[PDB]
Q: 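Structure below; questions to follow.
Numbers restart at 1 for each chain; the letters A, B, ... are given by sequence-line order, proteins then strands. Both backbone and side-chain heavy atoms feed into the values below; hydrogens, waters and symmetry mates do not. Per deposition record, electron microscopy, 2.8 Å. Both counts, for ligands and for their atoms, begin at 1 and track the order of listing.
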Amino acid sequence: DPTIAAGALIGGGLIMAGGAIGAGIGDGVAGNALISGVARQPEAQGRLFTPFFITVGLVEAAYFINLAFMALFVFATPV
Amino acid sequence: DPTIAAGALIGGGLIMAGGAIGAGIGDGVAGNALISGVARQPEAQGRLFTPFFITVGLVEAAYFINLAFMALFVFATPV
Amino acid sequence: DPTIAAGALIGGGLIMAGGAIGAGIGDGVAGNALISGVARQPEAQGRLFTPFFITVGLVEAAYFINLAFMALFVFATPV
Amino acid sequence: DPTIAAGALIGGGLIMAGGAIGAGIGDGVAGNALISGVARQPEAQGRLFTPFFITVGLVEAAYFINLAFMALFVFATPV
Amino acid sequence: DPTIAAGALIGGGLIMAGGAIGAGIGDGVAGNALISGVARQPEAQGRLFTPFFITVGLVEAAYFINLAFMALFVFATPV
Amino acid sequence: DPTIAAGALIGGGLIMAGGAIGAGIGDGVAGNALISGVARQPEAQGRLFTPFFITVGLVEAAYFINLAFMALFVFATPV
Amino acid sequence: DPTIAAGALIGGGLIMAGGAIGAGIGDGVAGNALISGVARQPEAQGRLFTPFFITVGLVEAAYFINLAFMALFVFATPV
Amino acid sequence: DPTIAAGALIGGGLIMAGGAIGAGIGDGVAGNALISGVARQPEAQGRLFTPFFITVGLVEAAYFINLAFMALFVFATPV
Amino acid sequence: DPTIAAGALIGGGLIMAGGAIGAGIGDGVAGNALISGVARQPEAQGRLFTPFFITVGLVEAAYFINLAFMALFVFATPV
Amino acid sequence: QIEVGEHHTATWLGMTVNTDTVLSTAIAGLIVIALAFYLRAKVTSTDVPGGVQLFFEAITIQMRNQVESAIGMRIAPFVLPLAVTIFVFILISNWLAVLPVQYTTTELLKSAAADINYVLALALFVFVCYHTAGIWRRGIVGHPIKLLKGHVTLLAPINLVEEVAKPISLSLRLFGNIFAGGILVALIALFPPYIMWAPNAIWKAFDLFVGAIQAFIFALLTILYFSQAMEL
Ligand SMILES: COc1nc2ccc(Br)cc2cc1[C@@H](c1ccccc1)[C@@](O)(CCN(C)C)c1cccc2ccccc12
Ligand SMILES: COc1nc2ccc(Br)cc2cc1[C@@H](c1ccccc1)[C@@](O)(CCN(C)C)c1cccc2ccccc12
Ligand SMILES: COc1nc2ccc(Br)cc2cc1[C@@H](c1ccccc1)[C@@](O)(CCN(C)C)c1cccc2ccccc12
Ligand SMILES: COc1nc2ccc(Br)cc2cc1[C@@H](c1ccccc1)[C@@](O)(CCN(C)C)c1cccc2ccccc12
Ligand SMILES: COc1nc2ccc(Br)cc2cc1[C@@H](c1ccccc1)[C@@](O)(CCN(C)C)c1cccc2ccccc12
Ligand SMILES: COc1nc2ccc(Br)cc2cc1[C@@H](c1ccccc1)[C@@](O)(CCN(C)C)c1cccc2ccccc12
Ligand SMILES: COc1nc2ccc(Br)cc2cc1[C@@H](c1ccccc1)[C@@](O)(CCN(C)C)c1cccc2ccccc12
């Protein structure tokens, strides 16, 4: 068991590492366009939240799916 | 078997780590263009969804293939 | 225990490495837009903090959730 | 065999991690130019396709050539 | 411990590696906007430092928190 | 070899991981300039191909040179 | 001692890997704004060195602190 | 040797992984400016080759030096 | 010695991997501004080499120091 | 559990051959031939076109606009039939995967591009064609020196690496893409039926678009490689 458990902790740690890299940079890159569009036109804020939350929804989903597989690996190990 | 099980969990963890980095950043970078495009032309929204969902569909095809290969490694290990 | 504790330290190290990469770059990319907006329009400062703290709140959630899972791995190890 | 089998799963997981990073970000970066071009010229959607699918074909080679070698490593291992 | 100490050193090394990647790129990306604001109009230099030190305060904080958890792992190891 | 073969698979996997990251992003970044130039000026395609295939030539050489050194590691291992 | 020493060399190597990734990209990204300011306004060189060396001082501090902790890990190992 | 030779293959694989990431993205980012310059200023293709091959020469020097040290590690191992 | 030797080769391999990523991307990102400056201001070729070689000097210093510490790890190992 | 490299093999001429791949290639060929004979019967210049005429006109005008843009129809008229058949033959060979041919698991028909022999047959034929066309236009020895010189003569080793990389890229991009779909459908078939259909329909629906995009990439890049082999 100890070798499988260490593989699960390293494997789970990779999943959440790539999750936060993907989400933090994906959200920063998406929100950079929102902040830039509201700098260009103050009123645009109400229309720009639709393209933004579509983007953030896709980016978060990759975080949440990685969070779910990390939780599977460490709490309910597949092998 | 425990050596192969640890390799399956570390290998599967790498697959979803690179999956969320590729998808979260690819979707953030494509969504940055959607938000910036709807900033420039409000009436272009409905047209801009064709370029956007072609782009996101190609990025999400790579995520779905990575998700399939992680599931293979941990539930149905190739070796 | 010693194999599982070493795997927990490497696993927790990965979680905090990917957390800081995602957050440091995500905040840099979000803040680049804030600095560039206040460059173009000084009177925009007040409004830009809504798009900025929405973006930074999403990026800092990914850091704090990774910080919570690292703390779980090393202080309260799942196996 | 079991040490080689773990090396095949970790080595195969690396190939697919770097494939998904390279291609998912490469397609987000390529599709950002398609969405921005159509945003500048709504009617130019057809014109960009050719440059877009030339670019996607070059980016997706890095994914699918990696997938061929990962599959070789895990289903028909070089050792 | 020989094994726990090796995992603590590799885990602490990951934390400071991802810390410096996140910090150095976050600071370079934020400072690129500061330099480009003073390039477009130098009269803005006094106002741009609030957006810049808000950005750098968030980016540095992620570095300092990683530096604190690396110090915990190597000097005061959680096991 | 049991350990040398595992080191060859992990080493060869690294070579192809960094190969596809460099290639997929390098081609997406180069093709973003092609797609944007043909968006702005439809007749420019013919002149832009020359810079594009010089650039893609350098980027595709990097990955393929790696693909050859990965093949050396896994089929004709240096030890 | 050999297991702890191997962990110190891998952990120390990670610290300097992440330092050069962070610093080399952070300095390239900051210097891109310096070169682009001096292109567009030739007289600005003297004033842009204040934003530039503020940026580069933050980026190089992350490199030098990583270099100090790598030196600690390999020459003065915490265990 | 099974341990030293595996360490040489993993170490040499890391050197060529980081080599191709730095090369492919450095060449893509350099050639993006070449394609963009030949787009905006169609007469420029002669003057742009000096900045381009200065940049590509610096980027390819890192790749060739990494190739020389990977070759040292696997054919003529330092230890 | 052999476990320390594998750690020295993997550690030295990490240092030169992160070195070439920092160098190749830092040089490409700096050179993109040089090539773009000579595109716009055709007489700016000269003045630009000072900001460019300041930027490249900072980026290449991180590569040379990583090359020096890799040489220390593999030829004159700190343990 | 899973299997991937296996084929319904036979020996035909001391050479070993696959019954699958070959029957799938024959079915794709016969479908394209039947569709072409339907055009040869029903094609009208005077009267309004049917759907099969509109299909081949759309593909022919598209590939003609590409040949004319890249190299010119006066210089390279033989590239237009080749680009049209590459597109249509890959397109049908890929889209035959949409059929419900899986069963308890095996398939009655593999998509032919999931076999390395199929993609090498297309890529190595195209490689011989653009080099032979490049020689007929750049000279028997003049061509080989232009392959080395490229656009920048100091890059000659990189130019040689590009000429080696082209047939390998055509082969392994098409193979790795369709082979991936072939692996995904068998691991999706590890689900029980009450749920198997949902990932299966999601994958097959996007594999129609991906199968068309593949056919288009191979046809476009073929036209570009002809334009590079016939320049100057
Ligand atoms: C946009 O969504 C898609 N587009 C695709 C495009 C092409 C291909 Br070939 C596959 C695609 C698949 C999907 C989703 C999907 C929907 C339904 C079933 C299976 C897969 C997805 O994979 C998206 C993951 N992304 C967002 C990170 C997903 C997977 C797993 C859990 C999810 C939970 C919630 C939402 C989406 C979830
Ligand atoms: C925007 O938030 C979301 N959008 C999604 C979009 C699509 C999908 Br499919 C899943 C999504 C999930 C969420 C959150 C959520 C909310 C509630 C429950 C579970 C998940 C989230 O995952 C966001 C993580 N991000 C911000 C890094 C989250 C996870 C864990 C802890 C959180 C704590 C606080 C806040 C958010 C927290
Ligand atoms: C902006 O700050 C936040 N925003 C959030 C937004 C969403 C969510 Br869900 C969590 C958030 C959490 C925080 C902080 C916080 C404040 C108080 C308690 C816990 C967490 C933070 O996590 C910021 C880390 N960043 C800056 C790298 C933090 C963690 C640890 C130590 C800190 C020390 C000093 C300052 C901040 C510190
Ligand atoms: C542009 O090419 C260069 N520029 C340099 C610039 C500076 C220095 Br100091 C070294 C340089 C070295 C080279 C090549 C070279 C040419 C000949 C011999 C050795 C090295 C190269 O390293 C390029 C690798 N790139 C493209 C990823 C290469 C290596 C290995 C195999 C190759 C095969 C084919 C082509 C190039 C090949
Ligand atoms: C800008 O500086 C900061 N801003 C912060 C913002 C938020 C938080 Br919560 C913590 C912050 C902490 C600091 C520094 C600091 C100053 C004094 C004591 C401790 C920490 C710093 O961490 C910066 C590291 N960066 C630059 C990579 C640092 C750490 C270690 C050694 C240093 C040596 C020299 C200079 C800075 C040094
Ligand atoms: C621009 O070159 C430099 N600038 C620097 C700037 C600051 C500092 Br402090 C050190 C610098 C060092 C150098 C080179 C150098 C020249 C001579 C001796 C030692 C080092 C270099 O390190 C460049 C590596 N880059 C290009 C990836 C190098 C190292 C090893 C082998 C080389 C072979 C060929 C060419 C350059 C080679
Ligand atoms: C700009 O230089 C700095 N700025 C800093 C800013 C803040 C802090 Br807190 C530390 C800083 C430290 C330095 C240098 C320095 C100068 C003297 C002694 C120690 C450190 C440096 O670390 C730069 C490394 N960069 C360029 C990759 C360095 C380290 C090692 C060897 C070097 C050899 C040659 C040149 C610089 C060398």
Q: Which macromolecule here is the main partner of ligand 3 by heavy-atom contacts, as listed in the PDB entry?
A: ATP synthase subunit c
Q: Which drug from the list bedaquiline, conivaptan, acebilustat, linagliptin, bemcentinib appears at ligand 3 in this structure?
A: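 The one at ligand 3 is bedaquiline.
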Q: Hey, which other chains get a heavy atom under 4.0 Å from bedaquiline (ligand 3)?
A: C, E
Q: So, is there a covalent link between bedaquiline (ligand 3) and the chain here, and where exactly, residue and atom?
A: none
